[PDB]
Amino acid sequence: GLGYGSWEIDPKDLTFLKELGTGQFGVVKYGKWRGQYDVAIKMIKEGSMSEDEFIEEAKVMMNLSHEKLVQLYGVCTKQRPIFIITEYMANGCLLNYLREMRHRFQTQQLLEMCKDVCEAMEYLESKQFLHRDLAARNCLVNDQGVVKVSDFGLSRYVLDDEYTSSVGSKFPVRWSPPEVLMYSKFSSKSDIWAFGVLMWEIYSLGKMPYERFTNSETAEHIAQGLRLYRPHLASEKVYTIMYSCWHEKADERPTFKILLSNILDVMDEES
Ligand SMILES: C[C@H]1CN(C2COC2)CCN1c1ccc(Nc2cc(-c3ccnc(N4CCn5c(cc6c5CC(C)(C)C6)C4=O)c3CO)cn(C)c2=O)nc1
């Protein structure tokens, strides 16, 4: 109605029901939109976000829609804190989900998780849109066990120098290729590198990559050519796929379309 653009949600349409934790921009809640529709609501802590830039980008991100991508519904920007309204993912972050050993996932289910992400990433790749912080912590799981990509592109609007700096405490060092760590060379191929690390997280049930190294040691390791090695639950074929993401030469890494076709092939061979 009057006052709200297509990207704007009226916050009075929201019912807040449960706390979902805190992320880089503060508290996230579960609620209803117009008494009926499940939504998640980010409440953007003041000082944490480049808000005007985000809001202009939210207009573009409104047009991104894929079954494996957490849907943006709108923003509430007429007062602070601003809100980001999205699809709700009842089983929460993928990292915590993997770490709950009770699930006792079969390897076919782990491969489906990788496929879910790869499909989202191929979509984003098709739209020339970088994630920049692909990792299990930043994927979400719905009530049907479907994994979706979330918080894509939002790294650009983070104001926290500990996150943004390549030597900061919060920078995703362990998900970064050598050219990111050396030169800030971000590209589709740095998302590819990160996706390989994410496959490793999935097959490792959420172990920390390079768990016995610091970030500093990890940067040196990967710059010398050393890599993660095969998780116990990963077949040789699966390990070949994740490893292919880690070629020193970015231009020798696959695309998400090639990864997707490789994952489907392995599904046909191994299930
Ligand atoms: C599983 C149950 C269990 N329950 C126990 C049992 O009773 C108590 C606890 C709650 N829990 C639960 C259920 C569902 C959800 N769902 C959702 C969580 C989130 C969520 C929450 C907190 N932080 C974040 N992050 C984390 C990532 N990130 C954020 C902002 C940014 C990032 C990355 C960045 C740095 C680029 C920018 C950011 O906001 C997110 C993901 O966007 C988002 N969405 C859309 C959800 O649907 N979460 C938790």
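Sequence positions, counted from 1, serve as the residue numbers for this chain. All values below come from the heavy atoms of this structure, side chains included, with hydrogens, waters and symmetry mates left out. Note that ligands are numbered from 1 as they come in the structure, with each ligand's atoms numbered from 1 the same way.
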Note to self: Quick one: do you know the drug at ligand 1?
What the structure shows: GDC-0853
Notebook entry, point to check: If you rank chains by contacts with GDC-0853 (ligand 1), which one has the most, by name in the PDB entry?
Noted result: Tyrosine-protein kinase BTK
Checklist line | Any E87 heavy atom less than 4.0 Å to GDC-0853 (ligand 1) | finding: yes
Item checked: dasatinib-binding residues (UniProt) of chain A within 4.0 Å of GDC-0853 (ligand 1), heavy-atom distance -> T86, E87, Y88, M89
Item checked: Shortest heavy-atom approach to atom 29 (C) of GDC-0853 (ligand 1) - which of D151, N96, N91 -> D151
Margin query: Within GDC-0853 (ligand 1), which atoms have a heavy atom of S150 less than 4.0 Å away?
Written below: 42 (O)
Next item on the list: From atom 21 (C) of GDC-0853 (ligand 1), work out which of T86, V28, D133 has a heavy atom at the shortest distance.
Entry: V28
Note to self: Wondering about overlap here: which UniProt-listed ATP-binding residues of chain A have a non-hydrogen atom under 4.0 Å from GDC-0853 (ligand 1)?
What the structure shows: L20, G21, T22, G23, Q24, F25, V28, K42
Checklist line | Heavy-atom nearest neighbour of atom 36 (C) of GDC-0853 (ligand 1) within options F152, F25, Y163 | finding: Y163
Next item on the list: Could you list which atoms of GDC-0853 (ligand 1) come closer than 4.0 Å to a heavy atom of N138?
Entry: 27 (C), 33 (C)
Next item on the list: Compare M89, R137, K148 and give the one whose heavy atom is closest to atom 14 (C) of GDC-0853 (ligand 1).
Entry: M89
Note to self: I'd like to know if atom 43 (C) of GDC-0853 (ligand 1) has any protein heavy atom within a distance of less than 4.0 Å.
What the structure shows: yes
Checklist line | Minimum heavy-atom distance, GDC-0853 (ligand 1) to UniProt active-site residues of chain A | finding: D133, 4 Å
Check: Most of the contacts with GDC-0853 (ligand 1) on chain A come from which UniProt domain?
Finding: Protein kinase
Notebook entry, point to check: Can you list, by chain and number, the residues with heavy atoms within 4.0 Å of GDC-0853 (ligand 1)?
Noted result: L20, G21, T22, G23, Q24, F25, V28, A40, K42, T86, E87, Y88, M89, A90, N91, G92, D133, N138, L140, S150, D151, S155, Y163
